K.L.:
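Got a PDB entry here containing acetazolamide. Few questions.
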Amino acid sequence: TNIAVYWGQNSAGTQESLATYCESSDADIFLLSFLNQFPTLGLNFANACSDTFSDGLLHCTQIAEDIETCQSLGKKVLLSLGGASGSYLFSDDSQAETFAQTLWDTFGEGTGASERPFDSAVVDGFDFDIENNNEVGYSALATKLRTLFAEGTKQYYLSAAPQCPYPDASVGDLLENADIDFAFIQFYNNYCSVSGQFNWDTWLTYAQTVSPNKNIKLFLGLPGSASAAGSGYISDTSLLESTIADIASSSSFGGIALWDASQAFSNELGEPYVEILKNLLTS
Ligand SMILES: CC(=O)Nc1nnc(S(N)(=O)=O)s1
């Protein structure tokens, strides 16, 4: 089991470099937040990158260096598409399939000469954090990416970030119709959070019975601090322990995901929140 953390949007204000969190040993998977504009490419990583190519697209040499450092240390670094707010849509499947090629050539191991925000660094795949209630294109995009990944020289990963209500109005189709490695389910800002009417059991049925990938790994997505989300933050370590005990008893359990790194690393409970969770997973 693994800890995934979103990084890039500086929820806490005190966000450190990506490599700083990779070097902490409290997290395993890093989701760069976000490619918030597409098909016409646009990235945003708050204070962590501000230089651009002449045409306005972010050019991020420090993030590039840090992606490589993270990977050397055994971490997986995915590019997260979308995010709450932000400016994106596919008109249809054909447009989304074209966009698979664009992602491969821009961020992956594709050889098509185009501007690369991370220079020679190569992401380990993509997270679909679609939050606009429009599901067009993503299944097609995911499926096309899988075909392109065969050209690469390492394993690539695709993940999605549904909110806990099932089915998810943005990535539900993606999750039902494409092969997905990880579902980082947001158990926050919603009725189905851990202290609400927690609906892990529904997500488990989805994993065993609906997901094209029967080996999909489901993650308990949580806010990293009281200030990381409106509702859903858990500070009761007993509840965390028992929650983990309940859900870790299947092969479908992948670990915990956190919004976001700046929050989970700085929020102390006098030990970082991310450390508390990493440690509960280990047992
Ligand atoms: C997976 C996830 O939590 N994604 C988010 N995107 N934007 C967020 S926001 N409203 O806190 O800035 S959270």
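In order, the residues displayed for chain A correspond to 27-295, 297-310 in the PDB entry numbering, which applies throughout. Recorded method for this deposit: X-ray crystallography, 1.8 Å. In what follows, every heavy atom counts, from backbone to side chain, and hydrogens, waters and symmetry copies are set aside. Just so you know, ligand 1 is whichever comes first in the structure, and atom 1 is the first atom listed for that ligand.
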K.L.:
Of all chains in the model, which has more heavy-atom pairs under 4.5 Å to acetazolamide than the rest, named as UniProt has it?
P.N.:
Endochitinase
K.L.:
How is the binding site of acetazolamide composed, by chain and residue number, at heavy atoms under 4.0 Å?
P.N.:
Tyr32, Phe60, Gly109, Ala110, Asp155, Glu157, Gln212, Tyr214, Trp285
K.L.:
So what's the organism behind chain A, according to the entry?
P.N.:
Saccharomyces cerevisiae
K.L.:
Number the atoms of acetazolamide from 1 as they appear, then name those within less than 4.0 Å of a heavy atom of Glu157, with their elements.
P.N.:
1 (C), 2 (C), 4 (N), 5 (C)
K.L.:
Could you tell me which atoms of acetazolamide, counted from 1 in the order shown, lie closer than 4.0 angstrom to a heavy atom of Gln212?
P.N.:
1 (C), 2 (C), 3 (O)
K.L.:
Give the residue and atom name of whichever protein heavy atom lies nearest to atom 5 (C) of acetazolamide, and the separation in Å to one decimal.
P.N.:
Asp155 OD2, 3.5 Å
K.L.:
What residue and heavy atom of the protein are closest to atom 11 (O) of acetazolamide, and at what distance?
P.N.:
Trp285 NE1, 3.3 Å
K.L.:
Give the residue and atom name of whichever protein heavy atom lies nearest to atom 3 (O) of acetazolamide, and the separation in Å to one decimal.
P.N.:
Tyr214 OH, 2.6 Å
K.L.:
So, for acetazolamide, where in chain A are most contacts, UniProt-domain-wise?
P.N.:
GH18
K.L.:
Can you report which non-hydrogen protein atom sits closest to atom 10 (N) of acetazolamide, along with the distance?
P.N.:
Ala110 CB, 3.6 Å
K.L.:
Return the nearest UniProt active-site residue in chain A to acetazolamide plus the heavy-atom distance rounded to 1 Å.
P.N.:
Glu157, 3 Å
K.L.:
Taking only heavy atoms of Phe60, which atoms of acetazolamide are found under 4.0 Å from at least one of them?
P.N.:
4 (N), 5 (C), 6 (N), 7 (N)
